S.K.: 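What follows is a structure written as structure tokens; I'll ask about it next.
Chain A residue numbers are taken from the PDB entry; in order, the displayed residues are 566-691, 762-931. Read the numbers this way: they start at 1 and go in the same order the structure lists the ligands and their atoms. The basis for the numbers below is simple: all heavy atoms, side chains too, and nothing from hydrogens, waters or symmetry mates. If you're wondering, the header gives X-ray crystallography, 1.7 Å.
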Amino acid sequence: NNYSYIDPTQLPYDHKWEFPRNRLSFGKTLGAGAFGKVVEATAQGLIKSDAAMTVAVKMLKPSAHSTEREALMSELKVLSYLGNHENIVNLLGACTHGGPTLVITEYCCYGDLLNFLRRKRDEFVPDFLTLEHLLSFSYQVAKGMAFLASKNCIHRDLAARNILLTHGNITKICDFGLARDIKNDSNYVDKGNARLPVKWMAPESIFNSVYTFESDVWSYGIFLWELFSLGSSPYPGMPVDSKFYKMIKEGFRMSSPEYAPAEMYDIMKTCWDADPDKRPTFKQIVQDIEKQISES
Ligand SMILES: Cn1cc(-c2cc3c(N4CCN(c5ncc([C@@](C)(N)c6ccc(F)cc6)cn5)CC4)ncnn3c2)cn1
């Protein structure tokens, strides 16, 4: 074993990220859960010494178990190893002393795509949301995940609620709390006992707790359905129950959403192949959508 995969979570925290927490002023809460929250904040002198900048800050509550603190640090280390990409919510800094650990990321001023699509739903036509916008969002998300996959990382919670929108109609993948580097094993088996995004999950993830590059692609197919339905909930009217799992196992798939081009529903159908090996890669999806964009 003289050659090994470098586990990014085993690498030392790089203090190049460190930022004084008293230069942050917290604002509105952007998301919250049992373990912690993400808040809007002003960062004084973060990039330029004399300028204030709006950021998002991720934090655990003081009651958070030791397991949660290490997990937030592991997320920080994954983001540090991944590096910058246009289509992810990038790491900007961290506060690792003087209080609870804070992870400072880019702030996306339009919020999550799911809520955005639901707002623009009434005024959509194929500042009006158009089909060109939807194709762009599909392309940008595929580019972001191709980047993640090229770094041997899986996200494991891809969904329109975890895609954010910023200036210039740029979409960024967010929430890397469950992202894993799967270099060594080519998959990840989840040993946890958390609430899971069942309607976005590949059947092998539901039934065998197996997560792979191919299960991220399944979720991307679901995301496309959210996108071209302008934010409808997946499997409308179907609760998550015995019948849901049975139908998924037997091959039931959502039909084409109202505004999806035939070539985009073709992508979703392949993303939802019961055989993971028959699903496209994100690199293939990027190329496919690139062709569709250039044909207007
Ligand atoms: C109305 N509006 C909204 C935005 C907006 C929203 C974000 C954003 N997000 C916020 C949501 N997210 C998020 N919420 C909760 C968790 C937790 C609960 N699971 C969690 C928290 C801390 C922790 F230690 C462990 C888990 C995780 N993540 C992140 C993405 N990031 C950037 N800009 N931005 C801009 C803009 N207008």
S.K.: For ligand 1, what drug is listed?
M.R.: avapritinib
S.K.: Just trying to sort out this structure - which chain has the greatest number of contacts to avapritinib, name per UniProt?
M.R.: Mast/stem cell growth factor receptor Kit
S.K.: Got a sec? Which UniProt active-site residue of chain A is nearest to avapritinib, and what's the heavy-atom distance to 1 Å?
M.R.: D792, 8 Å
S.K.: Look up the UniProt domain of chain A with the most contacting residues for avapritinib.
M.R.: Protein kinase
S.K.: Give a yes/no on avapritinib: does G812 have at least one heavy atom closer than 4.0 angstrom to it?
M.R.: no
S.K.: Tell me which UniProt ATP-binding residues in chain A have a heavy atom less than 4.0 Å from avapritinib.
M.R.: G596, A597, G598, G601, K602, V603, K623, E671, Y672, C673, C674, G676
S.K.: Please list every residue in chain A that UniProt marks as binding Mg(2+) and that has a heavy atom under 4.0 Å from avapritinib.
M.R.: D810
S.K.: Side chain, backbone, both or neither: which part of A629 comes within less than 4.0 Å of avapritinib when only heavy atoms are counted?
M.R.: neither
S.K.: Non-hydrogen atoms of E671 versus avapritinib: any pair closer than 4.0 Å?
M.R.: yes
S.K.: In terms of atom number and element, which parts of avapritinib are under 4.0 angstrom from non-hydrogen atoms of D810?
M.R.: 27 (C), 28 (N)
S.K.: Which residues does the binding site of avapritinib contain at 4.0 Å, with heavy atoms considered?
M.R.: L595, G596, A597, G598, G601, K602, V603, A621, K623, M624, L625, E671, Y672, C673, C674, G676, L799, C809, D810
